[PDB]
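Looking at a structure with rebastinib today.
Residue numbers start at 1 and run along the sequence shown. Header lists the method as X-ray crystallography, 2.0 Å. Computed over heavy atoms, backbone and side chain alike; hydrogens, waters and symmetry mates excluded. Just follow the structure's listing: the first ligand is 1, and inside any ligand the first atom is 1.
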Amino acid sequence: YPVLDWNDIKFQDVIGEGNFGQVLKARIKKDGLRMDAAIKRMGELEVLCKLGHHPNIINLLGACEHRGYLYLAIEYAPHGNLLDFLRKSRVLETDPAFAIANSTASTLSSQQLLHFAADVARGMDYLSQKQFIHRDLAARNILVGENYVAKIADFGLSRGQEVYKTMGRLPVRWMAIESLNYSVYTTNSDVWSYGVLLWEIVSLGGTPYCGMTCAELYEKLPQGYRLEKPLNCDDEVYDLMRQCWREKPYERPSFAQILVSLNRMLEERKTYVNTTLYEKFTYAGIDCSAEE
Ligand SMILES: CNC(=O)c1cc(Oc2ccc(NC(=O)Nc3cc(C(C)(C)C)nn3-c3ccc4ncccc4c3)c(F)c2)ccn1
């Protein structure tokens, strides 16, 4: 582990709280440089030390025991979590004069949205090769870092130790059928969750299955029910999502193959996510009561 001097840290605001600890924005000095960090004040240390160097996995900058407490200095992601970032892009909601004037539903382009999807895939490929299973992949656990690079994170909810207050049943909407029905978690179930995350990206942060209860998922998913294609989505992108949600876990693509499909889409001249406004346009719904 890299060890940080207590005196090398200037703390600022609290940016997250929980029964188990808090997260503070801070400035640290490391090696020679002064830098931003998010410091978790209270395992997690070992995991971040192994994987964090990957540019699509949130990194450990350093650790520090001071008095009773352990402090983990985590790479600061200035743009916050991807779900909120996606929703803030809904410029017809958040800046209608700009949205209408520019005939646009988002400040994010099709390519930027695909780059986020590719970033998460790249990170998941590496993580799955290192034999980790995420178990709670969703846009709320992705950070948008320096230079808009997406970083995979985990805020502790799955371990009963959340920082920042999620409705307990909310993760059901990202769970593979085999996780729902048999409590099985594998790389293949992480791929299913990934598909739901891709759907989040394309829908600019819609609540998956908005208007449906979790109970309805248990009944309908094994009947072949799946998230509908967003109106703004090319068939190719939706086909990729649908691959992620094949009933048979062993028929889902690997993260490496996901990344190859996305890069092939990124490389073409064609536009895959339509961000244009038109009459009767509507965003995928958000159900705040399913979430909070
Ligand atoms: C505006 N910007 C900000 O507010 C902002 C806030 C910000 O806060 C944090 C973000 C992430 C983490 N930590 C993690 O992501 N942990 C993690 C990752 C993984 C992976 C590598 C397996 C995915 N496993 N575990 C992980 C591993 C073990 C755990 N055991 C118990 C509990 C949780 C655990 C999590 C954190 F502590 C603080 C960072 C940057 N910007």
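Bound to rebastinib (ligand 1) with the largest number of contacts is the chain that UniProt calls Angiopoietin-1 receptor.
The site surrounding rebastinib (ligand 1), defined by heavy atoms under 4.0 Å, contains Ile15, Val23, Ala38, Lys40, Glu44, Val47, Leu48, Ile57, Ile58, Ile74, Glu75, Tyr76, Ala77, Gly80, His134, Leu143, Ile152, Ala153, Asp154, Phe155, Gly156, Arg159, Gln161.
For rebastinib (ligand 1), the atoms lying closer than 4.0 Å to a non-hydrogen atom of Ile74 are 36 (C), 37 (F).
The entry's source annotation for chain A reads Homo sapiens.
Rebastinib (ligand 1) has a nitrogen or oxygen under 3.5 angstrom from a nitrogen or oxygen of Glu44. Which parts of rebastinib (ligand 1) touch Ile58 is read off a 4.0 Å heavy-atom cut-off, strictly below it: atoms 15 (O). Annotation for rebastinib (ligand 1): atoms under 4.0 Å from non-hydrogen atoms of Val23 are 8 (O). Among the atoms of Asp154, some N or O lies under 3.5 angstrom from an N or O of rebastinib (ligand 1). Checked against a 3.5 angstrom limit, the closest N/O atoms of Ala77 and rebastinib (ligand 1) fall inside it. When distances are taken between heavy atoms and rounded to 1 Å, the UniProt active-site residue of chain A closest to rebastinib (ligand 1) turns out to be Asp136, 8 Å. The dominant UniProt domain at the interface of chain A with rebastinib (ligand 1) is Protein kinase.
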